[PDB]
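The model below depicts O-GlcNAcase BT_4395 holding streptozotocin.
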Amino acid sequence: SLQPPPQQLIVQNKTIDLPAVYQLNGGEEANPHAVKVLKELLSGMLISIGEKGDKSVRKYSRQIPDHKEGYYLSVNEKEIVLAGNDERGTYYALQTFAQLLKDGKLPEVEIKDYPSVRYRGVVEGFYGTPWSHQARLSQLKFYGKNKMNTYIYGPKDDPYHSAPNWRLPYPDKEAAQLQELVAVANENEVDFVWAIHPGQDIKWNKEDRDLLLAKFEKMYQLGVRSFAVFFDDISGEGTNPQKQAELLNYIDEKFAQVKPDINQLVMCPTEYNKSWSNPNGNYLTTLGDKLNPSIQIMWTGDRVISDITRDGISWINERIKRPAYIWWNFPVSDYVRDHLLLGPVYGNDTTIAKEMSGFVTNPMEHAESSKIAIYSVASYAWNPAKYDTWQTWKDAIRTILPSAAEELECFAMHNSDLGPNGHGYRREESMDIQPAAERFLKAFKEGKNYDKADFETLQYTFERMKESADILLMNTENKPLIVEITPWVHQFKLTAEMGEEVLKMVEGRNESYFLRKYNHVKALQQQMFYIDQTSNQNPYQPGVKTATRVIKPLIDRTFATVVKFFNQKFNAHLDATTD
Ligand SMILES: CN(N=O)C(=O)N[C@@H]1[C@@H](O)[C@H](O)[C@@H](CO)O[C@H]1O
Ligand SMILES: [Ca+2]
């Protein structure tokens, strides 16, 4: 089950063993990063590793795809061939090789691969608590594993990339940590893109221009080889696309064209989605016209939160006269901070790879939890035409938490919707039991017998959520993930219990039992409010919501309805509300 799926793949249905004795050909010649991975997989048979042009992979150079980051991989009993179009490609061959190895044994196959989107990875662009240094080292290694080549770096607690301290050099301590990120991004074939955010206090004069240049040069000396300049945050003169183009072209010419090894050079426009673009203005096409063709322009789609469509990307491509570099604002939850967004990644058109220069995801402030979407994005961006939302979602989860994948699946299935929000952006959730939920409720609401099978499905779900919750909380394979999701897990358990007791009210043996359940529900609704007042307290959407699209309303509505039915029956007046 390769992730991302290779462009071309032929499997033989024979299978050889990792050879106990082998002979490495190209050890000296291939990308050291890939070879290091090979040595670690290899802790006799001919294994050939190298890039196009290496003496070691001469025999196979017609098999190597002619694409940046492409590779040829081969496995049969005679030899193993791992051969890149360039260094990054060989490393990518090795990342695929590692997924093939299962029990010192390899399948016999032949693969020709390359990415369909040129740039792919993550932009650290969410409001909230910034990630720790450690979380970032871990992200970078996860990117290399999934062949993401882009990391746009922006922690919001580092003031040396924005007003006013962008002007200033990183202090020693922070510098060295930053170097460490760059070192790790290099080893894993990721472009560390340092992004500067000047728009707040930038002057259109030559001195500020020079200070930026020198800042870029300092980052260069610390190892950075890719750069972004942000203009989303600016006003007045600064909003002139003409002048933005001049400054960026200026940096291209005096800097990027002058160093030998500058990879990405990227800007974020002042109008970065169609809806905040002024059709009575000039901004985009002027930028398109005046900005050097090798400079990327970032774009989030039709609206701030938006999936990428064919209409959507034509519309921006026509204007900037190049393929947009997509900034996808999902799974970022910084405007729905009381939700986790753990669902699958979908909605982006799968036939538009030629039309986009980059694809990056803006993740949640929950770094590990974000790995589900991130792995899915890497898959989508590498081979959109073979993109399989749901298999890739299950694959991500099995990858992040193999020892409790079914449990994270159950939990994630019911934590994907945003609930109503200022952006009007929603996701599906709980689709598996939706039909049973809706039938049971329609029948139940109208005094009409519900179906036993729907009742049992709901029962079953609640039981399974409790099991999953409890396994999740005690799991120690990925502690960071568990630390991140714990409050919500507790909340998810409470939801399940609440569901169980309400269902017991529906089954309703006798009046006294019914009041026990009723009081137990009130008490549980009560601990949910507790958690929601004491956990995840942030200024904007403080708290913890879970299972909110289908499940909590099914339970609330079933509760109101059953109490109503109880009040008629016994001329009682129990409060029927869930709030
Ligand atoms: C491209 N871009 N800023 O340049 C953004 O997407 N910025 C913020 C982005 O940082 C934020 O996560 C979302 C949702 O809160 O709102 C956007 O406006
Ligand atoms: Ca070489």
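Here chain A follows the PDB entry for its numbers: 4-46, 54-589, in order, are the residues you see. As the structure lists them, so they are numbered: ligands from 1, and atoms in each ligand from 1. As a basis for the values below, the full set of heavy atoms in this structure was taken, side chains included, without hydrogen atoms, waters or symmetry mates. Going by what the header records, the deposited coordinates were determined by X-ray crystallography, 2.4 Å.
In this structure, every copy of streptozotocin sits at ligand 1. The residues of other chains having a heavy atom under 4.0 Å from streptozotocin are listed as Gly135, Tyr137, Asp242, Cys278, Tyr282, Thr310, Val314, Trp337, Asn339, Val342, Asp344, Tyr345, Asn372. Counting atoms of streptozotocin from 1 in the listed order, those under 4.0 Å from a heavy atom of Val314 are 16 (O), 17 (C), 18 (O).
Heavy atoms only, to 1 Å: the UniProt active-site residue in chain A nearest to streptozotocin comes out as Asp243, 6 Å.
In terms of polar-atom proximity, defined here as any N/O pair under 3.5 Å, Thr310 makes no such contact with streptozotocin. The distance criterion of under 3.5 Å between nitrogen or oxygen atoms is met by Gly135 with respect to streptozotocin. Looking at streptozotocin, you'll find an N or O of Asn372 within less than 3.5 Å of one of its N or O atoms. Most of what chain A uses to contact streptozotocin comes from UniProt domain GH84. Source organism of chain A, per the entry: Bacteroides thetaiotaomicron.
Of the residues that UniProt lists as binding protein in chain A, those with a heavy atom under 4.0 Å from streptozotocin are: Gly135, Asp242, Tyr282, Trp337, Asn339, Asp344, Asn372.
Backbone and side-chain nitrogen or oxygen atoms of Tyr282 are examined, and one is located within less than 3.5 angstrom of a nitrogen or oxygen of streptozotocin.
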